[PDB]
Amino acid sequence: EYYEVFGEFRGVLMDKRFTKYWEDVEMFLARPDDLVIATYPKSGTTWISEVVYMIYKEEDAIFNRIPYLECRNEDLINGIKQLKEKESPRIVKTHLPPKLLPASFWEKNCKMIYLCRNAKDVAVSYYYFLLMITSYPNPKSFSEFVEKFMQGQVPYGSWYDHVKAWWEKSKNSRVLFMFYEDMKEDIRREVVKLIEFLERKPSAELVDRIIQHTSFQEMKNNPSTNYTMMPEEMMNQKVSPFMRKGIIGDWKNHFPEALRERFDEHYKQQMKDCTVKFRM
Amino acid sequence: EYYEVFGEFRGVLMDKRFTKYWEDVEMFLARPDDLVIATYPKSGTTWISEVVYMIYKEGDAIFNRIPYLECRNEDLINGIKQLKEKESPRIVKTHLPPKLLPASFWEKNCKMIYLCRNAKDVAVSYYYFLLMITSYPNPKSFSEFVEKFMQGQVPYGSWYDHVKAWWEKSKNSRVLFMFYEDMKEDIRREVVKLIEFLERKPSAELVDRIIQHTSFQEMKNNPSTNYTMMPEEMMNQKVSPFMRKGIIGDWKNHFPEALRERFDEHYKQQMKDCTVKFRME
Ligand SMILES: Nc1ncnc2c1ncn2[C@@H]1O[C@H](COP(=O)(O)O)[C@@H](OP(=O)(O)O)[C@H]1O
Ligand SMILES: Nc1ncnc2c1ncn2[C@@H]1O[C@H](COP(=O)(O)O)[C@@H](OP(=O)(O)O)[C@H]1O
Ligand SMILES: C[C@]12CC[C@@H]3c4ccc(O)cc4CC[C@H]3[C@@H]1CC[C@@H]2O
Ligand SMILES: C[C@]12CC[C@@H]3c4ccc(O)cc4CC[C@H]3[C@@H]1CC[C@@H]2O
């Protein structure tokens with residue numbers, strides 16, 4: 001059952017396998033040069049993760065090169081253990097809201113990159129992800145999933161609270177805030193911005209290489225990034241592939257008119273006092 | 001389909017996920033002090049693995065403490081990688097027949113322990129294991145599974161060829177040959193023998209600690225050894241538990257009379273000239 005798999009932890013709905021040993025995450029020891037990549041699920045984490053890795057490097061699965069902090073499935077999968085054995089400088093992936101991130105990261109003043117995507121398109125991507133994950137109950141319908149999304153009753157909680165809290169943290173010059181739609185409409189600009197934030201020289205050669213290797217077509221056929229290195233028993237891509245469409249606007253093919261009006265109205269009430277600038 | 005999952009490799013039927021990157025196994029680098037624990041599937045590997053580990057520690061999931069050499073599932077599970085990162089002295093688990101084991105192990109003259117169990121009881125245990133593994137097609141019936149077993153058309157091939165080849169290897173004083181039924185009927189004797197082979201003192205305190213910790217009842221309740229640390233999506237124990245019965249003679253509850261006669265007759269022709277001494281039961 002849905003609520004046998006997921007349960008509220010400190011006001012955030014979470015996969016119980018990731019909170020059973022919460023102590024390991026809360027007491028995590030950060031290093032001054034650690035870099036944190038944070039996102040709400042299905043906002044382009046894999047895309048920006050590969051861009052940053054390439055920058056660091058001017059085959060092994062991406063989930064091995066950049067460990068997923070809080071991911072845990074008893075003794076078979078353990079992100080914390082992977083990080084303890086990782087040589088510096090480490091790149092750390094996470095989907096946690098600011099109130100749940102290990103305090104050591106703030107204490108040590110580590111650099112961080114937060115990426116977001118428009119809410120309607122995130123909901124479409126998340127719906128298919130639940131179908132893909134074998135141990136996650138399939139929603140009875142897209143609409144039923146959207147009602148849960150609006151209530152923040154999906155893994156990692158409310159998208160609204162997630163974006164608002166990370167936007168506030170981005171007041172800090174060491175926390176970079178970025179958008180999926182900006183990477184889609186002006187990739188060269190976003191890559192140069194990332195190279196500069198990480199204190200490196202943006203050369204035409206480096207910038208072109210990254211733009212070339214990180215296209216959706218490129219990443220969909222790279223076994224290291226398309227998640228085919230992860231067993232079908234856990235993630236069945238026969239049901240739905242990880243690199244699905246990679247576009248802006250798929251909400252137009254899933255949201256009936258009545259539902260869209262209610263969602264957009266709800267969005268307004270939620271994001272009233274937030275200054276974040278999403279692309280038109 | 002059965003043969004979409006399994007394929008013959010150098011005359012041995014194998015899970016294709018374990019042979020896709022065979023080069024990683026063939027070129028494996030052994031160390032002089034490595035210890036190899038080899039068995040045909042479902043013969044008591046987990047039981048003897050825990051006994052040996054306890055000996056090393058003189059009184060974390062078992063698949064992490066003692067890596068399964070050839071086990072591989074793309075980038076999620078990789079026994080070779082685990083071993084490269086393991087501090088010595090390493091304990092290595094494997095289900096491979098002698099002709100498929102990495103040659104480096106023979107070149108370095110490493111010590112090894114081989115364990116076997118009577119064929120009829122192994123077939124019963126193996127049948128339930130296929131039901132347990134989610135990605136393995138469930139046999140249509142026990143009899144159909146037995147026909148495949150007699151033909152060597154099950155993962156890791158012919159049980160007959162496996163036992164005969166390892167028995168020949170045991171001529172070497174550094175390769176110990178043992179039986180599941182001997183551990184069941186005379187555990188203290190078998191434990192003292194293992195402590196001595198690994199060059200340690202079989203004190204009364206030590207022997208007694210091992211015997212109590214490795215009973216079927218204890219291990220069935222120990223999350224480290226009962227394979228509950230492995231996701232149900234891969235191994236569903238709701239279908240059949242890993243620590244199933246742990247007895248001698250369950251074949252009597254599965255083999256119809258007609259089938260048993262044919263199996264035993266076939267066994268005779270396969271093992272006619274083998275001097276191996278199985279226990280009377
Ligand atoms: N190089 C790339 N360019 C564009 N979209 C990409 C991409 N790599 C991944 N994506 C998209 O990012 C989403 C997955 O996000 P995450 O990595 O956070 O889980 C998917 O969205 P869609 O389901 O809409 O296709 C996927 O197709
Ligand atoms: N401490 C113990 N004592 C007796 N049998 C044990 C045991 N631990 C495991 N077993 C048995 O060993 C078999 C599993 O073997 P392996 O470890 O090689 O996969 C199972 O046989 P059954 O299915 O007949 O019960 C299991 O119950
Ligand atoms: C860890 C699992 C595989 C990886 C899955 C994943 C992988 C990547 C990601 O960004 C989010 C998630 C959420 C659910 C995870 C799954 C829960 C059960 C499964 O074993
Ligand atoms: C590696 C798997 C889990 C562990 C299983 C195992 C575990 C222990 C063992 O002695 C043999 C086997 C054979 C099949 C394996 C399975 C094949 C698919 C699954 O992911």
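Each chain gets a letter, A, B and so on, in the order its sequence line appears, and its residues count up from 1. Order of listing sets the numbers, starting from 1, for every ligand and every atom in it. In what follows, every heavy atom counts, from backbone to side chain, and hydrogens, waters and symmetry copies are set aside.
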| said: Mind checking which of triclocarban, tetracaine, cladribine, estradiol, phencyclidine ended up at ligand 4? | reply: estradiol
| request: Report, using the naming of UniProt, the chain with the greatest number of heavy-atom pairs under 4.5 Å to estradiol (ligand 4). | output: Sulfotransferase 1E1
| query | At a cut-off of 4.0 Å, which other chains have heavy atoms near estradiol (ligand 4)? | reply | A, B
| said: Any idea which residues from other chains are within 4.0 Å of estradiol (ligand 4), non-hydrogen atoms only? | reply: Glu233(A), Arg17(B), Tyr68(B), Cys71(B), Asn73(B), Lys93(B), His95(B), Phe129(B), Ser135(B), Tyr136(B), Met234(B)
| task | State which residues of chain B, listed by UniProt as binding substrate, have a non-hydrogen atom closer than 4.0 Å to estradiol (ligand 4). | result | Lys93(B), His95(B)
| Can you tell me the protein heavy atom closest to atom 8 (C) of estradiol (ligand 4) and the distance? | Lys93(B) NZ, 3.6 Å
| request: Just jot down the estradiol (ligand 4) atoms closer than 4.0 angstrom to any heavy atom of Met234(B), in number order. | output: 20 (O)
| Taking both backbone and side-chain atoms of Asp15(B), is any N or O found less than 3.5 Å from an N or O belonging to estradiol (ligand 4)? | no
| said: Quick check on atom 2 (C) of estradiol (ligand 4) - does any protein heavy atom sit closer than 4.0 Å to it? | reply: no
| Numbered atoms and elements of estradiol (ligand 4) in range of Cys71(B), under 4.0 angstrom, heavy atoms | 1 (C)
| Among the UniProt-annotated 3'-phosphoadenylyl sulfate-binding residues of chain B, which come within 4.0 Å of estradiol (ligand 4) by any heavy atom? | none
| query | Organism of origin for chain B, per the PDB? | reply | Mus musculus
| query | Does any N or O atom in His95(B) lie less than 3.5 angstrom from one in estradiol (ligand 4), N or O only? | reply | yes
| request: Give the other ligands or ions lying under 4.0 Å from estradiol (ligand 4), by number and name. | output: none
| message | I need the closest UniProt active-site residue in chain B to estradiol (ligand 4), with the non-hydrogen distance rounded to 1 Å - can you help? | response | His95(B), 3 Å
